[PDB]
Structure formats: C-alpha cells, structure tokens
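Looking at a structure with dexamethasone today.
Just so we're on the same page: letters track the sequence lines, and every chain starts at 1. All values below were derived from every heavy atom in this structure, side-chain atoms included, with hydrogens, water molecules and symmetry-related copies excluded. Whatever order the structure lists ligands and atoms in, that order sets their numbers, starting from 1.
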Amino acid sequence: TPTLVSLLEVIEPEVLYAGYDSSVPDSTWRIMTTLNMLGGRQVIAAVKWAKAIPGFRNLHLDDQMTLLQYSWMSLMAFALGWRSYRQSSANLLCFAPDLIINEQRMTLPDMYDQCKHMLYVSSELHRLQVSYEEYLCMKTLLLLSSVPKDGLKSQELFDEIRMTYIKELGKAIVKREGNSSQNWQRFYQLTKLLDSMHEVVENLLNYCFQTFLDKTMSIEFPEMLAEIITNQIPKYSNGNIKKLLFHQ
Amino acid sequence: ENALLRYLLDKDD
Ligand SMILES: C[C@@H]1C[C@H]2[C@@H]3CCC4=CC(=O)C=C[C@]4(C)[C@@]3(F)[C@@H](O)C[C@]2(C)[C@@]1(O)C(=O)CO
C-alpha cells in the first residue's frame with residue numbers, strides 16, 4: 001500500500017522556467033511582469049496538482065474552485081520558499097532556474113520591500129530545518145487554510161480531509177526521531193509557520209491587488225491570475241473569508 | 001464568472 005505523503009510526492013509538479021533573457025538588463029517592472037506570466041502557468045499547474053490530492057475531487061466542484069481561489073498565493077509563496085531554501089543557504093529567491101533574485105538584484109528600486117515577505121518563508125524553512133515530507137503535508141494544508149464565512153457545500157467532508165492531512169503532518173514529524181515533548185514543539189513550530197502564511201499572503205496580495213487594479217502601472221496579469229483576482233478582490237471587502245488557524 | 005478555472009477542473013487531467 002502507498003502512504004499518503006508518497007502520493008503527494010508523485011504529484012509534485014515539474015519546475016517551470018521564467019523565460020527570462022538575462023542578456024537584457026533588469027528592471028523592477030520587467031521582473032514583476034515576467035513573474036506574473038510565470039505565476040499564471042504555475043497556478044494552472046496547481047489546478048492539475050489539486051485534482052490529484054487524495055480526497056480533493058470528492059468536494060463539491062464549487063468548493064474545489066473556492067479553495068484554489070483563496071489559497072493560490074499561499075501555495076505560490078510556500079513553493080517559492082521551498083525552492084529558495086533548497087537552492088542555497090543565502091538570502092535568494094529562486095522564482096525559476098532562469099530567474100534567481102540574489103542580494104545584487106534586490107538593490108533594484110522597490111524590489112526589497114516586496115521580496116522580504118517571500119524571503120520570510122525560506123528563512124523559516126531554513127531555521128526550522130523543514131523536511132521534504134513535512135513540506136508536502138504543509139503545502140496540502142495551505143490549500144485548505146481558508147473557507148467562506150458560511151463554509152463549504154461539503155464542509156463535513158472537508159473537515160475530514162483536513163484532519164487526515166493534519167495527522168499526515170504529525171506522522172512526518174514523528175519520522176524525525178524525535179519523541180515526545182520535542183515532537184509537540186515541532187508540531188507547534190510548523191503549525192505556527194502555517195498560521196503566519198495568512199500574514200505573508202496579506203502582504204503579497206496588497207501588492208498583487210494594487211498592481212492589478214491600477215492600469216496606469218502597465219503591469220500585465222495572464223487570464224488565470226486576472227480571473228482569480230477579479231473574483232477574490234470583493235471577497236476581501238465583504239468579509240467572505242474565514243482564515244483557519246491552529247493557534248488562537 | 002471563473003471560466004478558465006472551471007474549465008481546468010472539469011477537463012480531463
Ligand atoms: C509582490 C507580489 C507577489 C508576487 C507573487 C508571489 C508568489 C509567486 C511565486 C512564483 O514563483 C511566481 C509568481 C508569483 C505568483 C509572484 F511572484 C508573481 O505573480 C508577482 C507578484 C504577484 C507580485 O510581485 C506583484 O504584485 C507583481 O505585480
């Protein structure tokens with residue numbers, strides 16, 4: 001029988017290239033623009049990925065759409081943190097193999113202020129020495145981190161699916177012997193990082209929503225992101241979001 | 001309406 005985490009591991013999507021021509025100089029506008037086009041391709045891959053997570057397709061189609069709309073930024077930022085954490089010990093952002101933002105590229109105007117919220121994720125993964133298995137359980141949990149004010153059409157089932165992946169995160173923590181007040185502290189620490197993603201996403205979405213809405217900025221978003229953003233902007237103004245937390 | 005997202009969930013793959 002295959003374990004649940006091994007099933008999350010085989011569906012881990014391939015690395016996408018940004019298509020960034022480095023023979024041309026950098027600019028903040030050029031990088032932000034390239035990243036949005038990459039972001040849309042990465043979100044399309046996250047849809048294919050979500051559909052293969054055991055249990056996810058059993059939710060009402062409207063709930064599948066809802067979870068993907070609420071969590072896309074959280075999934076994008078968490079996965080970027082992982083790639084950055086695995087790339088080097090240095091303070092870099094590995095957006096793609098052809099677009100790595102080093103300390104020299106961070107000197108670009110307004111670059112550091114958007115990049116620091118993203119650098120926090122890899123910093124926490126380095127500091128907590130997060131494993132591949134813990135990451136895979138945590139990333140699936142980030143997909144199930146927000147729900148509508150009045151919940152989902154398959155809420156009962158969602159709470160069951162969510163519980164299963166919380167238990168799965170527990171199993172990965174224990175697999176790193178370990179035991180026992182040491183384990184409770186690992187669960188505390190990792191679920192605290194999961195909770196802080198809501199704050200990371202809030203900062204990322206402020207940039208995202210502003211650059212989308214202000215057409216004088218000339219910052220393009222592909223169909224995939226434009227659609228999700230158009231749908232999500234009113235949901236953040238009508239309080240139609242219940243951000244799930246492990247620690248109150 | 002989330003046309004692309006619905007399409008990607010409804011399509012095969
Ligand atoms: C700071 C924000 C947050 C950014 C996103 C953070 C998460 C992410 C990780 C990636 O691997 C590729 C693209 C995305 C999905 C992203 F990097 C781009 O889309 C650009 C983005 C929205 C942003 O830079 C803009 O608002 C630019 O308009």
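- Here the macromolecule with the greatest number of atom pairs within 4.5 Å of dexamethasone is listed in the PDB entry as glucocorticoid receptor.
- Other chains in heavy-atom range of dexamethasone (under 4.0 Å): A.
- Near A:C208, the atoms of dexamethasone lying under 4.0 angstrom from a non-hydrogen atom of the residue are 26 (O).
- Of the protein's non-hydrogen atoms, the one nearest atom 25 (C) of dexamethasone is A:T211 OG1, 4.1 Å.
- Taking only nitrogen or oxygen atoms, main chain and side chain alike, A:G39 does not reach within less than 3.5 Å of dexamethasone.
- At least one heavy atom of A:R83 sits closer than 4.0 Å to an atom of dexamethasone.
- Neither the backbone nor the side chain of A:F212 has any atom closer than 4.0 Å to an atom of dexamethasone (non-hydrogen atoms only).
- In the vicinity of A:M76, heavy-atom distances shorter than 4.0 Å reach the dexamethasone atoms 7 (C), 8 (C), 9 (C), 15 (C).
- Considering only non-hydrogen protein atoms, atom 27 (C) of dexamethasone sits nearest to A:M32 CE, 3.6 Å.
- Shortest contact from atom 23 (C) of dexamethasone to any protein heavy atom: A:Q114 OE1, 4.1 Å.
- Lab note: most residues of chain A in contact with dexamethasone fall in UniProt domain NR LBD.
- Atom 21 (C) of dexamethasone has A:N36 OD1, 3.8 Å as its closest protein atom, hydrogens excluded (heavy atom only).
- Nearest protein neighbour of atom 12 (C) of dexamethasone, counting heavy atoms only, is A:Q42 NE2, 3.3 Å.
- In terms of protein heavy atoms, atom 13 (C) of dexamethasone is closest to A:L35 O, 3.2 Å.
- The entry models no covalent bond from dexamethasone to a chain.
- Heavy-atom proximity to A:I219, at under 4.0 Å, picks out these atoms of dexamethasone: 28 (O).
- Checking only distances, A:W72 never comes within under 3.5 Å of dexamethasone, N or O to N or O.
- In the vicinity of A:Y207, heavy-atom distances shorter than 4.0 Å reach the dexamethasone atoms 1 (C), 2 (C), 26 (O).
- The organism reported in the entry as the source of chain A is Homo sapiens.
- Of all the atoms in dexamethasone, the ones that sit under 4.0 Å from a non-hydrogen atom of A:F221 are 28 (O).
- Among protein heavy atoms, the minimum distance from atom 17 (F) of dexamethasone is reached at A:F95 CE2, 3.6 Å.
- With a 4.0 Å cut-off on non-hydrogen atoms, A:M73 touches dexamethasone through its side chain and not its backbone.
- In this structure, the binding site of dexamethasone at 4.0 Å (heavy atoms) is formed by A:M32, A:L35, A:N36, A:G39, A:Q42, A:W72, A:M73, A:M76, A:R83, A:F95, A:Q114, A:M118, A:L204, A:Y207, A:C208, A:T211, A:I219, A:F221.
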Where does dexamethasone get N/O contacts under 3.5 Å from the protein, atom by atom?
from, atom 1, to, atom 2, distance (Å)
dexamethasone, 11 (O), A:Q42, OE1, 3.1
dexamethasone, 11 (O), A:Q42, NE2, 3.0
dexamethasone, 11 (O), A:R83, NH2, 2.9
dexamethasone, 19 (O), A:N36, OD1, 2.9
dexamethasone, 24 (O), A:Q114, OE1, 3.0
dexamethasone, 26 (O), A:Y207, O, 3.4
dexamethasone, 26 (O), A:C208, N, 3.3
dexamethasone, 26 (O), A:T211, OG1, 3.3
dexamethasone, 28 (O), A:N36, ND2, 3.3
dexamethasone, 28 (O), A:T211, OG1, 2.8

